[PDB]
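Chain identifiers are assigned alphabetically (A, B, ...) following the order of the sequence lines, protein sequences preceding nucleic acid strands; residue numbering begins at 1 within each chain. Determined by electron microscopy, 3.6 Å, according to the entry header. FYI, side chains are in, hydrogens and waters are out, and symmetry mates aren't considered; it's all heavy atoms of this structure. First listed ligand is number 1; within each ligand, the first listed atom is number 1.
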Amino acid sequence: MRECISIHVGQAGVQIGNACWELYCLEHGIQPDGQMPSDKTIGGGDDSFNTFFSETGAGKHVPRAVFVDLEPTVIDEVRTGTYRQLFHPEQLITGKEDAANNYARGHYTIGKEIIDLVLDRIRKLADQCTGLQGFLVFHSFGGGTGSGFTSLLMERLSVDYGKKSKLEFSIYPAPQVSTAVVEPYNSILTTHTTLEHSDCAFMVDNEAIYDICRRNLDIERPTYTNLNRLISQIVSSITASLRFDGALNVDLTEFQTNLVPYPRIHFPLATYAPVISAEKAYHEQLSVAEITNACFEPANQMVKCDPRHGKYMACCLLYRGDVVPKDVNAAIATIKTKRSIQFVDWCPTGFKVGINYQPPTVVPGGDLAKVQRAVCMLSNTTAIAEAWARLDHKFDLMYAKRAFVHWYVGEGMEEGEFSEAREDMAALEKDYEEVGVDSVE
Amino acid sequence: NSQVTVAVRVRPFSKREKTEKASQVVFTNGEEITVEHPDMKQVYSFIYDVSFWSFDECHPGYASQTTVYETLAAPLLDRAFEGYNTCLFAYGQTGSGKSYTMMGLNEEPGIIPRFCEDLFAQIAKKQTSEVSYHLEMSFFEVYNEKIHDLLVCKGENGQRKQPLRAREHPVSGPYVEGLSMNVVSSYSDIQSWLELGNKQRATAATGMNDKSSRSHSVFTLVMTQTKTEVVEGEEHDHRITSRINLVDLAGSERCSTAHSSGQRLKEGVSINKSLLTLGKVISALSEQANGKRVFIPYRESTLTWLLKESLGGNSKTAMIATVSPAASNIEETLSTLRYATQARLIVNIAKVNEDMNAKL
Amino acid sequence: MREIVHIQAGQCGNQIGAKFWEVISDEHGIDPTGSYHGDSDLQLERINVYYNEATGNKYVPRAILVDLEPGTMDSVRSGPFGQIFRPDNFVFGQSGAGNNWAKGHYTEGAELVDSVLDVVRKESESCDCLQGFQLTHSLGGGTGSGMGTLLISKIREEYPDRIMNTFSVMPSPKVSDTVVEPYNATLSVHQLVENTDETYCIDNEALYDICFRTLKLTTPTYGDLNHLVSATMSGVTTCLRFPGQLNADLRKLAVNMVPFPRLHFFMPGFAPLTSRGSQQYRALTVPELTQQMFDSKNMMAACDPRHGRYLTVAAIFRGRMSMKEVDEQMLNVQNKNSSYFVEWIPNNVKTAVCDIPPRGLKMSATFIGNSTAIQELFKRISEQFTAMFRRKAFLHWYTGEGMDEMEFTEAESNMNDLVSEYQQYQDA
Ligand SMILES: CC(=O)O[C@H]1C(=O)[C@@]2(C)[C@H]([C@H](OC(=O)c3ccccc3)[C@]3(O)C[C@H](OC(=O)[C@H](O)[C@@H](NC(=O)c4ccccc4)c4ccccc4)C(C)=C1C3(C)C)[C@]1(OC(C)=O)CO[C@@H]1C[C@@H]2O
Ligand SMILES: Nc1nc2c(ncn2[C@@H]2O[C@H](COP(=O)(O)OP(=O)(O)OP(=O)(O)O)[C@@H](O)[C@H]2O)c(=O)[nH]1
Ligand SMILES: Nc1nc2c(ncn2[C@@H]2O[C@H](COP(=O)(O)OP(=O)(O)O)[C@@H](O)[C@H]2O)c(=O)[nH]1
Ligand SMILES: [Mg+2]
């Protein structure tokens with residue numbers, strides 16, 4: 001049956017996964033202690049689905065996910081935390097030293113003798129299921145553990161497993177904000193190595209969610225939990241198709257097709273429309289027109305990239321809850337009726353739709369509110385060239401003085417490698433400005 | 001003055017290669033240089049000041065070793081007589097035949113023996129009773145940031161290295177402490193010494209090829225010029241000194257492919273650091289050329305630091321790089337050009353200067 | 001699972017360690033017997049970073065001492081926390097160098113260095129995986145400089161893959177507690193810019209002015225001036241000993257902050273430092289710390305930073321916080337004061353955060369920074385140096401141990417050259 005391996009890496013991926021599973025478990029009716037009071041009381045139902053949750057004869061459920069690092073301060077937080085007696089204690093640590101936020105230690109000096117354990121567990125998980133294997137790998141640019149290890153793993157899984165769907169809910173570098181001074185390098189190299197193997201690679205950012213949380217929810221003092229729950233609800237808004245049942249479902253092989261025209265252009269964005277608190281949950285209708293208009297607002301985006309200076313090459317919408325599809329079609333028509341938006345000439349269709357019957361849910365202690373519907377948007381657009389044109393300009397400066405390098409060459413790298421990626425990235429920029437030209441006859 | 005003058009060469013196919021029909025890729029349009037990835041996706045373009053050609057023996061503008069010497073070496077031999085130190089570099093990965101360009105063979109001699117022979121010739125032209133010329137030699141290497149000697153033998157016990165130091169006199173710059181210096185008059189003699197040096201060089205076979213290098217190699221030739229004879233009594237109030245430094249360098253050595261940990265990896269790391277710092281030094285010299293004042297990171301490496309008087313100041317330099325045209329070896333080849341992109345010394349630069357109003 | 005060693009030379013290093021172990025023991029729940037009387041399990045999950053274990057749940061540290069005179073030894077042992085240390089680790093000799101660098105790099109240290117390394121190897125091999133080494137050594141004077149530099153050289157010939165780090169006091173302009181500071185200090189920098197990954201300059205004058213102005217203390221003492229250095233040291237590894245929403249380590253702070261390797265001389269800083277009455281008249285928020293940290297007066301170098309720009313800086317906050325507020329304040333700092341920052345680096349700040357705060361506060365912070373304004377310090381020493389060497393003032397005590405004028409001249413260049421590098425970026 002349909003299944004999906006999940007592979008978290010780095011402090012971003014694991015702090016995200018501890019929310020994704022907190023949500024997945026609360027949806028399917030599970031307690032953190034493995035067992036199932038819910039279906040114990042129902043005496044039936046597949047609801048603890050075999051898509052994510054493997055199942056033993058003893059009633060205990062074990063999820064199909066692994067996660068890694070080379071700094072055990074995280075995984076110990078799991079092993080002691082609330083969720084210790086759920087996951088498989090093959091939580092692969094080799095925490096003998098970190099990656100020093102360089103691509104070199106993560107992809108070569110401490111990327112050797114360690115990767116094989118991960119490949120062994122991945123095979124152990126695949127051979128348990130005779131079904132679909134769409135990968136989800138949650139990493140983050142900049143860091144070494146989340147750039148280099150990922151860059152090594154994808155190029156190897158493309159060799160062992162070949163033609164399967166591989167995805168990435170990666171994190172992007174904020175242009176102004178940063179928690180580092182090497183993100184540009186560690187990002188451009190990763191893009192070069194993962195332009196080819198991967199199929200799609202979604203992208204989010206840390207600044208836009210900050211600005212959201214100050215704007216709508218009236219939150220004053222965020223943390224690094226509240227954002228991750230929004231990432232987790234996004235992921236749920238996707239995976240509802242594979243788990244649950246409803247009108248128009250979208251498997252993982254569909255996202256890679258509908259949204260990746262050329263092999264090299266597979267770097268979309270993302271959005272969740274309703275973001276509200278217990279106070280603003282009232283005082284609002286929450287129709288479908290309101291939502292599908294909000295999805296294309298500049299502010300409700302999740303990367304600081306003005307789309308009005310760009311064009312939408314393709315788009316996919318995934319809804320939840322009680323929905324009436326003529327409202328959806330009316331919304332799409334109202335959208336194409338507008339003029340601020342500009343679709344290309346070679347895609348007058350553009351849109352895709354997927355519907356599911358389940359509502360969303362709530363993580364108690366959270367800012368979001370109980371509702372009766374919700375929506376997610378994903379777009380392959382062209383404004384994001386700007387968010388690459390800045391990065392190379394954050395690159396060409398430093399490399400002009402061969403700075404912040406001596407460590408990198410010190411862990412087994414050739415400097416000329418930089419001078420390749422700058423080209424393979426620049427070519428990419430040309431593509432996002434080649435297609436924007438409309439054809440001529 | 002600043003006289004970088006980087007060059008690039010293109011070898012021919014081998015006999016083995018022409019049997020296997022190595023697909024040509026690297027092309028020219030004269031001075032400009034182009035390359036075409038066999039996917040036919042993009043065309044990279046590289047310019048240099050000078051461009052040689054040794055692929056077709058019939059084409060116009062053919063680069064035979066006579067041309068190489070007569071274009072690059074002669075200014076060095078000339079300037080050394082004026083009393084200035086000079087240096088010559090060499091880049092190139094294994095298989096590009098640096099051995100063919102520098103040393104050469106008995107039927108097509110390279111650079112080294114030609115330079116030495118012309119030095120001998122001009123010596124025997126200027127040799128009078130008024131003027132004398134003394135030539136002294138030396139040879140060392142660099143490996144894991146240490147220094148060794150090669151001319152000198154060692155103890156037949158084991159790996160009896162030669163630990164040496166680098167120190168700084170306040171006048172003549174840096175030197176080595178413990179070094180062997182020798183005297184020369186015969187070209188056959190320096191050939192003997194050079195063989196004795198190249199034998200003990202630090203190397204190690206790999207999966208790529210047995211004959212590969214892991215250590216940079218300096219060949220130093222000190223010249224002397226004694227003329228000062230006081231008209232009222234023999235007296236050397238001064239004598240001019242001028243240095244020549246040839247050096248052979250190793251490759252870039254990407255280590256994510258040649259994954260053989262231990263010492264083979266811990267030596268390539270230092271090698272690449274040295275290459276990086278040398279590149280920074282030359283990129284700084286190209287700006288020193290333009291009258292602007294800047295810093296130079298001389299002390300950041302070793303091979304830069306035993307060259308400080310010969311590289312900078314009123315000193316003429318050079319560099320060349322052998323390559324391979326066979327499309328099977330594009331990756332290494334690309335770096336073998338991407339290191340030497342100093343052709344754009346000062347192009348597309350902004351200017352804001354206001355020091356006018358020089359009047360009454 | 002990773003590790004840090006501690007070496008302690010001279011008088012300064014020993015009297016500092018005697019307060020650093022006093023602060024770490026107070027955070028991990030330790031008592032003078034070396035036993036445990038903590039409250040939370042969370043203090044013991046990573047106690048194996050600084051401390052070893054023992055038979056009966058006693059905990060004993062990886063501390064090593066050097067000094068070439070026992071005048072400090074009995075001062076430690078006859079104290080509150082001078083008895084947990086391993087008596088096999090209290091190395092010493094006799095006949096101290098007397099503030100002569102030559103007597104502490106050539107003659108006596110040459111007798112004692114192997115006896116030091118015989119213990120360093122024991123304390124290394126007994127670890128599982130190693131990270132880097134720590135040290136606490138003054139300059140200007142003798143023992144801590146000479147023997148410390150020698151230890152650094154021997155180690156980084158032995159163990160180069162790993163890290164090295166020092167917390168070195170420096171001389172000061174107004175008053176000197178030794179008449180031959182410049183000479184010994186220059187000779188120390190000649191062998192510490194090459195063989196180091198980071199070193200943290202501290203200056204006694206800055207601590208004095210701090211303790212006079214902010215805390216408004218009347219009867220200070222060296223033992224309480226050292227309380228700020230222990231604080232900083234503690235904060236630097238708080239990313240390693242504890243959890244954190246955005247963890248860090250030593251090597252991360254090394255890569256991010258050291259663009260070219262030779263410029264690895266820092267300028268530290270701690271916050272929130274306040275008086276015993278004036279804590280009621282303040283608030284604990286991120287900006288209340290951020291305005292205090294980039295101030296000129298909560299620094300420890302005796303170097304006005306606003307005479308120059310900052311190549312890069314860092315920060316380690318501690319407490320339940322809001323990262324948005326942190327990153328926003330750092331954005332505004334890079335905005336308003338661009339002239340004090342560099343243009344050819346786009347983001348001259350990073351961050352690092354831990355969620356397990358100190359014993360008595362709800363919030364704390366350390367600040368680290370690689371500034372150009374250290375330039376004016378070295379301009380002094382060379383100046384102070386060269387006029388003395390123009391006349392060979394105190395030379396013969398140094399030539400009387402098998403040395404040469406050459407060894408000084410080199411060092412001078414290696415400082416002046418370094419100075420020039422900084423000036424390359426002092427202008428726009
Ligand atoms: C009861 C109480 O909370 O009073 C505070 C206090 O008044 C202040 C002034 C403390 C006090 O600090 C000083 O007395 C002091 C004076 C001059 C120079 C250095 C220290 C305090 O003594 C210091 C002490 O700080 C700590 O406990 C930290 O854990 C500190 N460790 C120790 O002080 C300590 C040292 C030896 C043995 C046991 C504990 C520390 C700081 C950073 C990292 C690790 C540990 C505390 C809370 C206070 C007193 C006790 C008054 C302050 O301490 C520090 C370094 O942050 C001085 O400024 C803070 C702000 C506090 O308000
Ligand atoms: N959204 C989100 N991002 C996080 C979180 N924690 C860390 N990050 C991101 O992590 C990035 C820092 O580099 P990382 O990807 O964390 O690298 P790492 O996990 O430390 O792994 P190493 O670099 O090897 O140490 C920053 O861009 C942060 O935004 C989190 O909890 N939520
Ligand atoms: N901050 C601080 N510095 C000290 C202390 N004791 C000594 N020093 C410094 O240490 C230097 C003396 O050098 P010293 O270590 O005695 O040389 P040694 O005798 O060879 O060990 C002086 O410059 C002081 O500034 C102290 O208790 N606190
Ligand atoms: Mg990490």
* To do: Provide the name, as given in the PDB, of the drug at ligand 1.
  => Taxol
* **Main binding partner of Taxol, per the PDB entry** => Tubulin beta-2B chain
* Asked: Using a heavy-atom cut-off of 4.0 Å, which other chains touch Taxol?
  -> C
